[PDB]
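Structure (with tacrine).
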Amino acid sequence: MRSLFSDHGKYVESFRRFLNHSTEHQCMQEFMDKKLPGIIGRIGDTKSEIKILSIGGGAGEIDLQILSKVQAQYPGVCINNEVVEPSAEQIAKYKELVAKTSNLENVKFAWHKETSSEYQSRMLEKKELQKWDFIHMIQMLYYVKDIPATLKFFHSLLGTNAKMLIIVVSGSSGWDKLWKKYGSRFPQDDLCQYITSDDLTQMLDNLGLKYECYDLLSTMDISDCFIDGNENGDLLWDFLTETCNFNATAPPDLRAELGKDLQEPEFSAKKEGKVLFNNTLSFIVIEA
Ligand SMILES: Nc1c2c(nc3ccccc13)CCCC2
């Protein structure tokens with residue numbers, strides 16, 4: 001069993017199938033529309049330049065949406081948005097998106113090709129420490145080695161009335177169950193790392209930071225995962241298991257318990273003849 005994250009090709013295909021059969025993206029859309037406003041309501045107060053640091057170039061369309069809400073609250077104010085992404089493929093895509101978008105004259109972009117870690121290391125070399133008004137980490141901690149250290153660092157980069165926003169899958173979610181129980185039995189990679197909003201609050205508690213957590217429901221239609229032979233079904237399987245060609249490369253003893261175990265409540269809910277996997281999300285905001 002080889003980690004799915006080691007086959008850039010498969011991954012994407014799957015990831016893509018994941019978005020196509022989930023309310024993930026719309027879920028964040030709702031957060032940004034009905035909650036974000038009041039959250040970032042004062043990060044611009046008294047500043048003639050609003051700085052926004054985004055760690056991860058995977059949700060370009062979401063980043064842009066954040067800008068939309070920040071511009072609305074602070075008309076005229078120029079915005080400096082830096083992006084810290086390791087994947088050239090991503091940055092590349094991001095950029096394309098920028099060029100095709102309007103109402104971004106009062107925004108300055110700057111992409112840095114590296115990891116949160118590398119970025120962080122560098123900064124320390126600099127003598128001066130630079131602050132920020134808004135930091136955010138959408139679905140990417142999974143790929144961070146030192147969470148506690150990472151959290152504390154960027155918190156210190158927050159300026160006055162600044163805020164840091166983090167998104168991960170919720171403790172009360174299918175993923176949680178899927179990992180607490182089966183994890184050990186899946187390919188242990190050094191790149192990925194199973195983490196839930198739960199692991200998060202404990203770390204933040206022990207760190208002593210003041211945060212606020214919000215959960216919203218999101219689903220993943222895994223119906224094609226019971227139709228033996230279905231191509232689509234196969235990809236999805238690859239995703240949950242974060243493994244390559246899961247079926248044809250895993251112990252049926254296991255693939256047997258899952259097939260059963262997934263169609264159960266604590267993992268999924270049965271709807272319009274559909275089997276919906278609990279993809280609930282958590283949004284954490286941290287004060288400076
Ligand atoms: N829903 C997601 C999960 C992971 N990464 C993701 C990356 C961005 C979009 C959603 C994601 C890793 C493990 C589990 C779930």
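The first residue in the sequence is number 1, and the count goes up from there. Hydrogens, waters and symmetry mates are skipped; everything else that's a heavy atom, side chains included, is used. Order of listing sets the numbers, starting from 1, for every ligand and every atom in it.
- Most heavy-atom contacts to tacrine: the chain UniProt names Histamine N-methyltransferase.
- Of the residues that UniProt lists as binding substrate in chain A, those with a heavy atom under 4.0 Å from tacrine are the following: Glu24.
- Per UniProt, the S-adenosyl-L-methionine-binding residues of chain A include none within 4.0 Å of tacrine by heavy atom.
- Near tacrine, within 4.0 Å on a heavy-atom basis, the structure shows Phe15, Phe18, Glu24, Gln139, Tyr142, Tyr143, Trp175, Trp179.
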